[PDB]
Peer 1: 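Encoded as structure tokens, here's the structure I'll be asking about.
Within every chain, numbering begins at 1; the chains are lettered A, B, ... in the order of the sequence lines, protein sequences first and strands thereafter. Just the heavy atoms: all of them, side chains too, but no hydrogens, waters or symmetry mates, feed the values below. Both ligands and their constituent atoms are indexed starting at 1 by order of listing.
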Number of protein chains: 2
Amino acid sequence: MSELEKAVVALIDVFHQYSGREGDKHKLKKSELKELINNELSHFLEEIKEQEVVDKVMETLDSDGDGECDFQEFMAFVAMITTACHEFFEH
Amino acid sequence: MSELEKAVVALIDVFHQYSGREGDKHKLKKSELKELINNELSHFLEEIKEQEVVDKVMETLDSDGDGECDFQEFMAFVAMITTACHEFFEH
Ligand SMILES: N=C(N)c1ccc(OCCCCCOc2ccc(C(=N)N)cc2)cc1
Ligand SMILES: N=C(N)c1ccc(OCCCCCOc2ccc(C(=N)N)cc2)cc1
Ligand SMILES: N=C(N)c1ccc(OCCCCCOc2ccc(C(=N)N)cc2)cc1
Ligand SMILES: N=C(N)c1ccc(OCCCCCOc2ccc(C(=N)N)cc2)cc1
Ligand SMILES: [Ca+2]
Ligand SMILES: [Ca+2]
Ligand SMILES: [Ca+2]
Ligand SMILES: [Ca+2]
Ligand SMILES: [Zn+2]
Ligand SMILES: [Zn+2]
């Protein structure tokens with residue numbers, strides 16, 4: 001598999017790693033999203049310690065108002081992170 | 001870096017790998033997009049041999065009508081591929 005192909009599978013695997021822990025096994029509830037950010041985005045994003053802060057991130061990500069981040073919503077989150085990283089390192 | 005963090009950087013690196021070859025160094029023209037698909041998505045997508053087929057893929061990806069795929073448009077392409085892969089392997 002190419003690097004791109006392995007990257008794609010890694011996105012799928014991290015989503016399932018955290019989504020399957022509680023409740024709906026195919027969505028990230030706020031608790032699962034906080035764990036994902038703190039354990040997997042520790043170089044890209046500030047650690048979340050407050051309920052207020054994960055509330056706000058979930059508000060941004062949650063396009064259908066169910067209080068959770070589904071796989072489509074997670075893909076939008078990945079696009080946001082990737083865009084911000086790409087731009088951080090360039091002029 | 002986590003797996004997710006390395007995956008994010010891999011998306012950036014494959015985009016730059018192909019975008020920088022010709023013309024606008026920050027967009028994939030059809031020629032660059034064809035090369036990316038054929039060399040980097042050979043397990044996920046059918047090889048492109050015809051101008052018609054890359055025309056069609058570029059039509060799908062090109063949201064601002066400039067005939068090219070910018071980084072935002074490429075992120076949408078990555079979301080499409082990842083979604084299709086995730087769903088292929090599940091019930
Ligand atoms: N010392 C580093 N940060 C760094 C190290 C290696 C690297 O290998 C290719 C990745 C793309 C290289 C140029 O574009 C970016 C954009 C964003 C990030 C990032 N989100 N960290 C990293 C690189 C890149 C950056
Ligand atoms: N050898 C080592 N130990 C080492 C080498 C490079 C390194 O680099 C740290 C992070 C570099 C890239 C990630 O940093 C950001 C920060 C903010 C944003 C943002 N704008 N959201 C995106 C990415 C760290 C450790
Ligand atoms: N034999 C395989 N295909 C395969 C091998 C390893 C693997 O490691 C974790 C990746 C996620 C595992 C379960 O979800 C998916 C969804 C899509 C793909 C794919 N796009 N190929 C692969 C896996 C996964 C699949
Ligand atoms: N040991 C080996 N040599 C080997 C092991 C597994 C393998 O698996 C091939 C591809 C598996 C996952 C990629 O296959 C697709 C197909 C269609 C879609 C789609 N719906 N677009 C998405 C993914 C290949 C070789
Ligand atoms: Ca869950
Ligand atoms: Ca939702
Ligand atoms: Ca180009
Ligand atoms: Ca465009
Ligand atoms: Zn760039
Ligand atoms: Zn799944």
Peer 1: Look up the drug at ligand 4 and give its PDB name.
Peer 2: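 You're looking at pentamidine.
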Peer 1: Could you peek at this structure and say which chain has the most contacts with pentamidine (ligand 4)? A name from UniProt would do.
Peer 2: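 By the greatest number of contacts, it's Protein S100-B.
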Peer 1: Can you list the other chains with a non-hydrogen atom under 4.0 Å from pentamidine (ligand 4)?
Peer 2: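 Within the heavy-atom cut-off of 4.0 Å: B.
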Peer 1: Which Ca(2+)-contacting residues per UniProt in chain B have a heavy atom closer to pentamidine (ligand 4) than 4.0 Å?
Peer 2: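 Applying the heavy-atom cut-off to the UniProt set, I get none.
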Peer 1: Provide the organism that the deposit lists for chain B.
Peer 2: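 The deposit names Bos taurus.
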Peer 1: Could you pull out the residues near pentamidine (ligand 4) at 4.0 Å? Heavy atoms only, by chain and number.
Peer 2: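 The site of pentamidine (ligand 4), heavy atoms only, is B:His43, B:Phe44, B:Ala84, B:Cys85, B:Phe88, B:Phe89.
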